[PDB]
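Report on the following structure.
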There are 2 protein chains.
Amino acid sequence: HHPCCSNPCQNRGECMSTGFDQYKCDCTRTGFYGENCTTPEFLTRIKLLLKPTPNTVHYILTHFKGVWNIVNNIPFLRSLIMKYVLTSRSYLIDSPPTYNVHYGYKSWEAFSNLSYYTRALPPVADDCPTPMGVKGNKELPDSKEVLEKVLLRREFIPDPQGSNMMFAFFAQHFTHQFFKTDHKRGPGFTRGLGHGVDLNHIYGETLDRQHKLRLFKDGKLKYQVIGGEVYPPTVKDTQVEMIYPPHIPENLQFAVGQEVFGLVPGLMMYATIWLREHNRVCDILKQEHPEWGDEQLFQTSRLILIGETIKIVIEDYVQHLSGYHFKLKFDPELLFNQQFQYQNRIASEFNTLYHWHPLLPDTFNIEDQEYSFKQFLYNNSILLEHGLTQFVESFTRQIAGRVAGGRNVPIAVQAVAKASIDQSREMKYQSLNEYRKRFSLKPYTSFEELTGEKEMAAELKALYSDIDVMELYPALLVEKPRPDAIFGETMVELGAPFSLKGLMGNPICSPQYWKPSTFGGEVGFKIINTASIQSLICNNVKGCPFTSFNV
Amino acid sequence: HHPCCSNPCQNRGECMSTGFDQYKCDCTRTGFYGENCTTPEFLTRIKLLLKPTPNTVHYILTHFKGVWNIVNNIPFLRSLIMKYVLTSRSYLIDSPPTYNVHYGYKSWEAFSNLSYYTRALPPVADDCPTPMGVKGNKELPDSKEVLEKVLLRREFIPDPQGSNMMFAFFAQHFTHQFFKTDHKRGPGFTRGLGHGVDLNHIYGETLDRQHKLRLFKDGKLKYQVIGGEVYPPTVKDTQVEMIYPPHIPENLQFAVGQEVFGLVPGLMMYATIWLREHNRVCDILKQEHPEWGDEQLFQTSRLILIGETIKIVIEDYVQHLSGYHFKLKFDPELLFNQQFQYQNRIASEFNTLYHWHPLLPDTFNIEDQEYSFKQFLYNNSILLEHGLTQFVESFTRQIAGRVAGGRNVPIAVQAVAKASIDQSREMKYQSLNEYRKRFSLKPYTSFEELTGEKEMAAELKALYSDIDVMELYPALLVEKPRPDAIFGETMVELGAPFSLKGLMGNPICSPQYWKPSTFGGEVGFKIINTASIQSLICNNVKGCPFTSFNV
Ligand code: HEM
Ligand code: HEM
Ligand SMILES: *[C@@H]1O[C@H](CO)[C@@H](O[C@@H]2O[C@H](CO)[C@@H](O[C@H]3O[C@H](CO)[C@@H](O)[C@H](O)[C@@H]3O)[C@H](O)[C@H]2NC(C)=O)[C@H](O)[C@H]1NC(C)=O
Ligand SMILES: *[C@@H]1O[C@H](CO)[C@@H](O[C@@H]2O[C@H](CO)[C@@H](O)[C@H](O)[C@H]2NC(C)=O)[C@H](O)[C@H]1NC(C)=O
Ligand SMILES: *[C@@H]1O[C@H](CO)[C@@H](O[C@@H]2O[C@H](CO)[C@@H](O)[C@H](O)[C@H]2NC(C)=O)[C@H](O)[C@H]1NC(C)=O
Ligand SMILES: CCCCCCCCO[C@@H]1O[C@H](CO)[C@@H](O)[C@H](O)[C@H]1O
Ligand SMILES: CCCCCCCCO[C@@H]1O[C@H](CO)[C@@H](O)[C@H](O)[C@H]1O
Ligand SMILES: CCCCCCCCO[C@@H]1O[C@H](CO)[C@@H](O)[C@H](O)[C@H]1O
Ligand SMILES: CC(C)Cc1ccc([C@H](C)C(=O)O)cc1
Ligand SMILES: CC(C)Cc1ccc([C@H](C)C(=O)O)cc1
Ligand SMILES: *[C@@H]1O[C@H](CO)[C@@H](O)[C@H](O)[C@H]1NC(C)=O
Ligand SMILES: *[C@@H]1O[C@H](CO)[C@@H](O)[C@H](O)[C@H]1NC(C)=O
Ligand SMILES: *[C@@H]1O[C@H](CO)[C@@H](O)[C@H](O)[C@H]1NC(C)=O
């Protein structure tokens, strides 16, 4: 079998076979040397001595509110700290990208073929003696047994960080522009060839789709007006393909950039809000530029909404998730004197870790109604009946579920949780602890250390036998949360590098794009740099209801 | 008409309309301010005082051979200087890319759509009063008159730098992997979606083409043996499409990665040499890695040949062209402490400036034969008859034509030279002097200043009236050459940024790729770092004939 099956090289050293039964580790620029890249250079020894653990840094960031209150109000200091957050996180991501599901060695095919998700760790080779390499049993435990014993919800567990359904549906809407698995090809393939925040879930992945969604007047997107309210246009009107069951009324087959967004009314809620936002920005640019044509109005509005998106994701969405007293900043200028690649490739493991289905409540509570999953799915009538204003008021008030901590996946989506496990295995993912090492975390030494409790830990012990073959996805959902937090350590320390790299890697953040003229002047630039989740709702939802990502 | 038609903003500032007849310049990070970005900041003033002209620096690099001989032998100093050549040239290129033929403003369409060549300067807007904006006559001079008066060859003018036909066909073969215009769409469109040195001209642009060209044993490319010599396989054997006239017999339709390389036996000579090199490297890797399969052998050899290509282009090809006494270096490590983007988009203007057809001789002289263009084109019989050893010996001896200095386009390709002019206009290129300012050059103040003489200058004066509407492409070919040089100032100062950025921008030059394990270990790595045009010929051509890019 492959000599690298045991994953011998440490500290991001790379393993290469050098014969049928021999390997060599390439320790180049790891800060380590020796056969397995485990002997630290002098400087590396010193660095390791002084480095705080993630849990220590997390502590500091979530305490001393009074100090952070001062720090937040000193621009130079706030910039310094945000610059360090961006650079230190982004360093953990290979860019240009390297591995994918078919290539555990660098190749021009892996580099150039955008239909692959990339891989933060290479796949376990096909001929390895066990699923995780050489450790553990010949087969992993039955994925249904793992699902049922430690993932499925008994009683709803609320997010102690107070995340609401505005947050949950924003997470789903936002991420599904770059998590778009090409199931015809397999789980390691994506249909999101822009590999990031290009707003294809509003505008369409292809030019043909985009042009069917556009009005071709004033830069705007097509729309319909039902009961005096602006909604996306229909499938029949646009000839845009959408996923809908056969029984859906013609005028409820809303057509939007992302074909799956008819799945759930919470998605259609944001699709509608962003469509309105695009057309609003068109109106503003037309006022500013009476001389501009439709094409420039459309393109410049798209750039502005991309900037708005990144602004809101950092300063509202990630701010909320972080739990930090430090005030995050969206500021491309922070990187202009740093080394940083303005490109990104979406990682399979980023997709996996973002399967946050424990957020979902047992019912969807709008106004006085409590809808079941069966009532809520593919049902845009609910959106039309209550209206956007009521959707926002209700979802702002409704608490979402905790993601880490175990046993909180709604049984309505149990098949999704099982697929995340089955597809992880199909893509030959390395183990939880290999991923922890990859992101500078200490391997867990027991199941009880992983969960912080005894009962799930024992079920896991019996299923997996060795902590070193525990799987990434179920680990994320059973991991001991930070104190009163929605996530455990592995979720944040993997998620944050992927997230921030992906956000700042966008070309609009590069120096030649990050200028007023890119966005039609100071007016368009300011739309980006003053965007918030509250302003997005205030500008585009009748009555300007209050909103927030927390209850 | 468009308010920016006159190109009012200077020093890389960006022009935006602000009403039907007003404009605003965005001077962000130009080092200048004021209505047109022409007022220097203080630091800027100082820099402009200290900065030597391109002609001055060129003079320095091409004299003092004794001093350079010392510098070339001080590793530290060589590295310092080469590093500054790389960063200073690359800084001139927008990366991530910006404009293209359809977008004179930044847009997501222009950023994301890889079918476009990018544009170093935006197109002249469609409603401008004159072709170049507001200056000059309503129509540009007849391109047939420009061609005949100042471009077409009378007597053959040999290159004073002694470039040979090994050089001319290397330029053609190498560049035609990333200059591949998509004529179905138009001159501003490319079929080279890798936008760089990906060796698609050997391996094919698409995966389907690649797999038809591959043997699927030992990593190798398919081939045939003719008289004991290895040649590319045929179209019939591979089902790989090629462009050939109907009279070419089945046995002479060689199939290689680039569809057009059957056009000229000089291209097919390099196609054969590189095909042999791929299979040679496969043999080496297989010795080092008996445990490897065909796919990894194939992919690793491709990465090695990409490295060889960049190595040879810098240290042989560009070295020769430069005329410098300084010894250039291919060393990705020079950029590891620098700000640099490992990406590139091929510019239309890079394509245009590389139309180096004056290199071509009046006849192609192999052994004792002198082939006309009519006899040479599409004639792979010539290659089989003389063989590669004789091709190399003959092309190494045969001098190529001077490119700058006027009147040296071969009449056999007058239609190509006319097309370069006509297509530049179709793509709405800005004038020569706009491009000179874009690359930090002083505008020419007269046609005599451009040509360094009187006769051609007066013909151009009559044709164009105003030096500020002189076109880029014909100016390149009539420009006053550097002393005893193949090119004038504009060619080098535009060409060098595009070239070096494109070479170092390749992902194999990035830190996570530039490691021995990427290339199958130290033996694979050393193949890249010792590659040369002589070793390429020596290893793959019977008898190891001596070669170089000069006569
Ligand atoms: C009513 C709400 C939801 C339903 C019915 C639902 C259902 C599904 C289904 C059926 C899949 C396909 C999985 C497969 O078999 O391959 C999926 C994928 C996924 N879901 Fe959910 N989900 C919901 C909410 C959410 C939320 C709130 C998030 C938060 C981020 C989320 C994140 C994801 C991700 C990242 C994927 C992978 C997408 C891809 O690769 O294309 N989902 N979901
Ligand atoms: C016998 C030798 C050659 C012949 C017959 C030839 C002929 C042609 C022709 C017919 C075109 C297409 C022009 C059009 O778009 O209408 C072309 C394009 C071009 N040629 Fe040549 N040429 C030769 C040698 C060279 C050499 C030595 C170079 C050196 C750099 C060169 C550089 C180019 C470039 C860069 C293009 C544009 C390619 C593209 O846009 O796809 N050619 N040539
Ligand atoms: C990116 O990589 C994808 C995975 O390799 C690749 O998809 C694969 O494409 C090949 C070749 O086009 C398909 O194989 C085909 O060729 C044989 C002929 O011998 C047919 O019998 C097959 O049915 C098929 O037509 C694979 O089917 C396909 N694999 C998957 C999983 O989709 C993409 O083409 C690559 N993308 C680019 C842009 O290169
Ligand atoms: C490099 O790592 C390998 C593990 O992959 C080490 O070899 C193993 O060492 C353990 C105990 O240390 C033994 O139980 C195994 O039998 C060893 N495996 C093999 C294949 O020999 C190796 O010692 C490490 N090298 C260094 C220098 O620390
Ligand atoms: C990149 O841009 C070109 C130019 O617009 C696109 O080519 C057009 O495609 C549409 C349909 O998508 C056709 O109706 C046009 O005839 C095409 N025009 C030309 C000039 O080719 C191309 O599709 C775009 N590529 C991507 C991936 O979106
Ligand atoms: C007090 C907070 C100062 C800046 C906090 C940076 C937050 C992210 O810093 C992270 O800390 C981890 C553990 O030390 C490291 O492993 C990561 O590389 C680093 O990105
Ligand atoms: C020996 C001095 C170092 C060699 C010079 C680097 C080669 C390219 O130097 C060039 O010189 C031009 C004029 O100054 C500039 O306009 C270019 O931006 C710069 O790249
Ligand atoms: C070596 C003699 C040629 C130099 C004369 C300059 C060319 C101007 O003459 C042109 O030459 C073209 C090519 O033959 C012809 O097709 C045109 O009909 C002719 O006008
Ligand atoms: C977990 C990930 C998906 C979201 C996330 C959460 C926190 C952070 C902060 C700013 C950090 O970098 O520590 C970034 C991104
Ligand atoms: C003109 C271009 C196509 C070729 C070329 C010529 C010279 C140089 C040197 C290294 C420089 O930067 O001055 C680079 C590239
Ligand atoms: C769809 O929603 C409506 C309310 O708008 C509800 O009454 C109806 O029962 C739902 N449909 C299904 C199939 O549950
Ligand atoms: C700026 O450009 C215009 C031409 O567009 C010119 O008239 C003006 O004098 C220039 N300089 C200043 C300082 O405005
Ligand atoms: C092709 O070259 C051969 C020499 O190998 C020559 O005899 C023949 O005439 C040429 N063909 C044409 C059509 O010129």
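Chains: A, B, ... assigned top-down by sequence line. Per the PDB entry, chain A residues shown: 33-583, in order. Going by the PDB entry, the residues shown for chain B are 33-583, listed in order. One-based numbering, in listed order, for ligands and for the atoms of each. The figures here come from the full heavy-atom set of this structure, side chains too, leaving out hydrogens, waters and symmetry mates.
At ligand 9, the drug present is ibuprofen. Lab note: main contact partner of ibuprofen (ligand 9) (name per the PDB entry) = Prostaglandin G/H synthase 2. By chain letter, the other chains having a heavy atom closer than 4.0 Å to ibuprofen (ligand 9) are A.
The binding site of ibuprofen (ligand 9), defined by non-hydrogen atoms within 4.0 Å, is formed by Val117(A), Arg121(A), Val350(A), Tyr356(A), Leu360(A), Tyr386(A), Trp388(A), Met523(A), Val524(A), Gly527(A), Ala528(A), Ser531(A), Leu532(A). According to UniProt's substrate-binding annotation of chain A, the residues with a heavy atom under 4.0 Å from ibuprofen (ligand 9) are as follows: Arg121(A), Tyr356(A). The protein heavy atom nearest to atom 12 (O) of ibuprofen (ligand 9) is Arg121(A) NE, 2.9 Å. Atom 1 (C) of ibuprofen (ligand 9) has its closest protein heavy atom at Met523(A) O, 3.7 Å. Residue, atom and distance of the protein heavy atom nearest to atom 13 (O) of ibuprofen (ligand 9) are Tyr356(A) OH, 2.4 Å.
Residue contact check: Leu532(A) has heavy atoms under 4.0 Å from atoms 12 (O) of ibuprofen (ligand 9).
Of all protein heavy atoms, the one closest to atom 3 (C) of ibuprofen (ligand 9) is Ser531(A) OG, 3.3 Å. Closest to atom 5 (C) of ibuprofen (ligand 9) among all protein heavy atoms lies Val350(A) CG1, 4.0 Å. Polar contact with ibuprofen (ligand 9): absent for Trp388(A) (N/O pair, distance under 3.5 Å).
Nearest UniProt active-site residue in chain A relative to ibuprofen (ligand 9) (non-hydrogen distance, 1 Å): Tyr386(A), 4 Å. Those atoms of ibuprofen (ligand 9) with a heavy atom of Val117(A) less than 4.0 angstrom away are 12 (O).
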